[PDB]
Visitor: 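Please take a look at this structure featuring avibactam (bound form).
The sequence lines fix the lettering, A, B, ..., with proteins before strands; numbering per chain opens at 1. Numbering of ligands and ligand atoms starts at 1, following listing order.
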Number of protein chains: 2
Amino acid sequence: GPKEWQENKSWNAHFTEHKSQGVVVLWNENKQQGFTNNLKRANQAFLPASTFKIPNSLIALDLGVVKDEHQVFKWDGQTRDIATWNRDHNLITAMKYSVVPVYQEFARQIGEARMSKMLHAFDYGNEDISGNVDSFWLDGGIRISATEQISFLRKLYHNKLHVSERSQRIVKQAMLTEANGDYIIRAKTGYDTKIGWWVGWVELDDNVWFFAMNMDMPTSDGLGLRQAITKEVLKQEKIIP
Amino acid sequence: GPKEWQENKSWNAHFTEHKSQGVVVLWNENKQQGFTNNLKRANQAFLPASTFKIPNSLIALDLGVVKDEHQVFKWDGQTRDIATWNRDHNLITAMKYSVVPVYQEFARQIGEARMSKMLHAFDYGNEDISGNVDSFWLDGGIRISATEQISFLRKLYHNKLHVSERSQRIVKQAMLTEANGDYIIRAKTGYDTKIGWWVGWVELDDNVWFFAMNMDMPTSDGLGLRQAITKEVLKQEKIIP
Ligand SMILES: *C(=O)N1C[C@H](NOS(=O)(=O)O)CC[C@H]1C(N)=O
Ligand SMILES: *C(=O)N1C[C@H](NOS(=O)(=O)O)CC[C@H]1C(N)=O
Ligand SMILES: [Cl-]
């Protein structure tokens, strides 16, 4: 019989070209088949860092902490290192610019009991929120693997998560990253100071490819490699031109 | 004091450069002010042609004629001149490739009584569905102006049309045309053998610009000028780079 999961080590060339190491995991939805350059690392669990703003957004919307994607979260007046954070935001721009202080406020309003119950209902990673209610995805006990990211994203794509369909549609809107006549990418980046993430999917006319990548990332200087390397794999597999 | 609509005839150079004539209408949502090169033509009502796929989609979804944006509508097997039409489609690709036969079947299932009632509820153009229920937007009595297109699109953007929020969110997803780190365009083209249309909006971080353009289109050779001329105006107004 055919294999659900296949290893393709030729993708390592795209990491080695940049003196880095990592994993790309792809899932072909039509074929129900997955592909990766590193089967073991594909299933190892890491801190989600800013990719947690996908479930955080879903929970905040479903609970009414965030009313809709137009509600304004005012800047608290503290000047931070990332210039795009020093302004008012809504859900769309807070995800686009990965605005930490806005999502810390969401997490505090959600609170520990409801955050834990929702991640259990999502089957999200190891479901463990130990640590600070407003930072556990960066320095606490939650862990998720690349294959677990894909499983979560597939439920989101199909509106199968336990939260309202409305919440799922709003977050999928907020994940929009790039679109043209050839493809649509909905995705979210993350960085925990050691590992960089990019997770999401590529919508084509007749198929959707889910992806989850992480890579060793010692400094923020190489952050654009997250998208660049993933796109090299997508080009090799003839998913995008 | 300032006027709701300002005329900017310098945009005519973008039509003149292509030996063409037409109108571009812009609406700045934050400032609640509009701009056009031709106020008279901005209020001239034309057949909507394929821009009618926006209200048609909304009605089909709200009535359950279309269950969701993934439902597949099989090719009926008749070979038509536009090759992308000769295949199975869902709502996303039917709007992307402007697949008339799919939308003709939606319209027949909606039926004239519900179609007329919903266009009245939408305040859509002259609300006149005289002709065949499956072709009145191509060769019947319905007429809509560029400013009326803006009015309709503003209601859709704000979820204020008399259909479910869900239907409006799905259609706005289906209108997605282009997205990058600078802007998002949601829009729909149309062509009636005499006039070409492009209507929609540009989402920025902190504003939305609605647009509706139409131009004289004697042959199909110049159809790419609908987007190209509109983008020259957007570039001149520093809405997009
Ligand atoms: C999330 O991982 N973080 C917030 C912000 N996002 O940048 S990313 O999306 O481009 O990686 C900066 C990195 C990180 C953090 N420092 O908390
Ligand atoms: C809609 O106006 N039509 C369907 C199709 N779409 O072309 S467009 O979207 O690029 O203008 C072809 C033109 C037109 C029609 N023939 O009815
Ligand atoms: Cl979208």
Visitor: Specify every chain or ligand assigned to avibactam (bound form).
Guide: ligands 1 and 2
Visitor: I keep wondering which chain grabs avibactam (bound form, ligand 2) the most here. What name does the PDB entry give it?
Guide: Beta-lactamase
Visitor: At a cut-off of 4.0 Å, which other chains have heavy atoms near avibactam (bound form, ligand 2)?
Guide: B
Visitor: Would you say avibactam (bound form, ligand 2) has an N or O under 3.5 Å from any N or O of B/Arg226?
Guide: yes
Visitor: State which other ligands or ions come closer than 4.0 Å to avibactam (bound form, ligand 2).
Guide: none
Visitor: Show which atoms of avibactam (bound form, ligand 2) fall inside a sub-4.0 Å distance from at least one heavy-atom site of B/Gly190.
Guide: 2 (O), 11 (O)
Visitor: Side chain, backbone, both or neither: which part of B/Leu138 comes within less than 4.0 Å of avibactam (bound form, ligand 2) when only heavy atoms are counted?
Guide: side chain
Visitor: Strictly inside 4.0 angstrom of atom 10 (O) of avibactam (bound form, ligand 2), do you find any protein heavy atom?
Guide: yes
Visitor: I need the nearest protein heavy-atom contact for atom 14 (C) of avibactam (bound form, ligand 2): residue, atom name and distance, please.
Guide: B/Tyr191 O, 3.2 Å
Visitor: What atoms of avibactam (bound form, ligand 2) come closer than 4.0 angstrom to any heavy atom of B/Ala49?
Guide: 2 (O)
Visitor: Against heavy atoms of B/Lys188, which atoms of avibactam (bound form, ligand 2) measure under 4.0 Å?
Guide: 9 (O)
Visitor: Which residue supplies the protein heavy atom nearest to atom 12 (C) of avibactam (bound form, ligand 2), what is that atom called, and how far is it?
Guide: B/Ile82 CD1, 4.1 Å
Visitor: Just wondering where the covalent bond from avibactam (bound form, ligand 2) goes, residue and atom, if there is one.
Guide: B/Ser50 OG
Visitor: Go through avibactam (bound form, ligand 2) atom by atom and flag the ones less than 4.0 Å from a non-hydrogen atom of B/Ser50.
Guide: 1 (C), 2 (O), 3 (N), 4 (C), 5 (C), 6 (N), 14 (C)
Visitor: Identify, by atom number and element, the atoms of avibactam (bound form, ligand 2) in contact range of B/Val100, meaning under 4.0 Å from any of its heavy atoms.
Guide: 4 (C)
Visitor: Look only at interatomic distance and state if B/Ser98 has a nitrogen or oxygen under 3.5 Å from any nitrogen or oxygen of avibactam (bound form, ligand 2).
Guide: yes
Visitor: Below 3.5 angstrom, do we get any N/O pair linking B/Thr189 and avibactam (bound form, ligand 2)?
Guide: yes
Visitor: Can you check which residues touch avibactam (bound form, ligand 2) if I set the heavy-atom cut-off to 4.0 Å?
Guide: B/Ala49, B/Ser50, B/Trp85, B/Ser98, B/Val100, B/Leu138, B/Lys188, B/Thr189, B/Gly190, B/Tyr191, B/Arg226
